[PDB]
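Accompanying notes for the structure given below.
Here is the naming used below: chain letters follow the sequence lines, and residue numbers restart at 1 for every chain. Start at 1 and go down the list; that is how both ligands and their atoms are numbered. All values below were derived from every heavy atom in this structure, side-chain atoms included, with hydrogens, water molecules and symmetry-related copies excluded.
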Protein chains: 2
Amino acid sequence: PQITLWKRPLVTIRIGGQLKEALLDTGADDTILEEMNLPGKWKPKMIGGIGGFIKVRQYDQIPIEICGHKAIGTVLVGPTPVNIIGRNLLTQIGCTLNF
Amino acid sequence: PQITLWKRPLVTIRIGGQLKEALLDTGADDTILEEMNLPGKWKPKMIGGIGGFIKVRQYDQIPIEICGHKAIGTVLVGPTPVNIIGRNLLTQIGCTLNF
Ligand SMILES: CC(C)CN(C[C@@H](O)[C@H](Cc1ccccc1)NC(=O)O[C@H]1CO[C@H]2OCC[C@H]21)S(=O)(=O)c1ccc(N)cc1
């Protein structure tokens, strides 16, 4: 689709058969989701945002369907104010900015 | 133009004859720029993201030129590591997300 920006670009994602609302976030290098259980090995990582650094769990090769577009990539799980889809997955589903 | 998300979507902005590099950020409600001394009235605000909150100054009706496109609106100024063009001005320059 084409998505305008008068509203937050919130979209439904499917991950592990669960549906969640997430923010398409071009300012985010990485995809970070609120606390949840994902399977497989994870690695402790730290990441910085506007307010400082947080600790996250990094899961690799996780499938997520974003608006019915399939991605498979790195998902961080941690204390984010909202689920965010970052450029690592935005690129896989072919997302660009246009003006 | 069309901006891919392989790299950070940094573009040149102009604010009162200072040129700066800024993120076109669909995950940011409002534009926030690095510490700088804008003229006129402002109000204190806290904005929250990854890692917590920072204190900022909200200036209203500030003209910014973004890649040659004219915008005028709310500009928050505070201790951000990156300059961020948020949805409040992205809409004015005609910026959409597409996939
Ligand atoms: C987390 C979002 C809901 C909101 N953030 C915008 C977001 O695009 C920031 C924008 C951003 C970008 C760089 C540095 C700080 C903030 N990105 C971010 O935190 O991304 C993190 C995940 O991937 C990593 O890559 C960038 C930092 C990491 S925000 O910067 O905190 C923010 C919040 C409110 C406003 N008005 C403006 C900006």
Trying to figure out the drug at ligand 1 - which of darunavir, penfluridol, plazomicin, trametinib, zosuquidar would it be?
darunavir
If you rank chains by contacts with darunavir (ligand 1), which one has the most, by name in the PDB entry?
aspartyl protease
Help me out: which other chains have any heavy atom nearer than 4.0 Å to darunavir (ligand 1)?
A, B
Atoms of darunavir (ligand 1) close to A28(B) [distance to a heavy atom under 4.0 angstrom, numbered from 1]:
37 (C), 38 (C)
Hey, which atoms in darunavir (ligand 1) end up nearer than 4.0 Å to a heavy atom of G49(B)?
31 (O)
Go through darunavir (ligand 1) atom by atom and flag the ones less than 4.0 Å from a non-hydrogen atom of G48(A).
27 (C), 28 (C)
Protein residue, atom and distance nearest to atom 17 (N) of darunavir (ligand 1), heavy-atom basis
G27(A) O, 3.2 Å
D30(B): numbered darunavir (ligand 1) atoms lying under 4.0 Å from its heavy atoms:
35 (C), 36 (N), 37 (C)
If you count the atoms of darunavir (ligand 1) from 1 in the order shown, which ones are under 4.0 Å from a heavy atom of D25(B)?
6 (C), 7 (C), 8 (O), 9 (C), 10 (C)
Pull out every atom of darunavir (ligand 1) sitting under 4.0 Å from any heavy atom of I50(B), numbered as shown with elements.
19 (O), 21 (C)
Are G51(B) and darunavir (ligand 1) in contact, using a heavy-atom cut-off of under 4.0 Å?
no
Pull out every atom of darunavir (ligand 1) sitting under 4.0 Å from any heavy atom of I84(B), numbered as shown with elements.
10 (C), 30 (O)
What residues end up in the site of darunavir (ligand 1) at 4.0 Å, going by heavy-atom distances?
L23(A), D25(A), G27(A), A28(A), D29(A), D30(A), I32(A), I47(A), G48(A), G49(A), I50(A), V82(A), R8(B), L23(B), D25(B), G27(B), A28(B), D29(B), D30(B), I32(B), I47(B), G48(B), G49(B), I50(B), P81(B), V82(B), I84(B)
Show the distances, to 0.1 Å, for all pairs joining an N/O atom of darunavir (ligand 1) and a protein N/O atom that are shorter than 3.5 Å, listing one pair per line.
from	atom 1	to	atom 2	distance (Å)
darunavir (ligand 1)	8 (O)	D25(A)	OD1	2.5
darunavir (ligand 1)	8 (O)	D25(A)	OD2	3.3
darunavir (ligand 1)	8 (O)	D25(B)	OD1	2.9
darunavir (ligand 1)	8 (O)	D25(B)	OD2	2.5
darunavir (ligand 1)	17 (N)	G27(A)	O	3.2
darunavir (ligand 1)	23 (O)	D29(A)	N	3.1
darunavir (ligand 1)	23 (O)	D30(A)	N	3.0
darunavir (ligand 1)	25 (O)	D29(A)	N	2.9
darunavir (ligand 1)	25 (O)	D29(A)	OD2	3.3
darunavir (ligand 1)	36 (N)	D30(B)	N	3.3
darunavir (ligand 1)	36 (N)	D30(B)	O	3.0

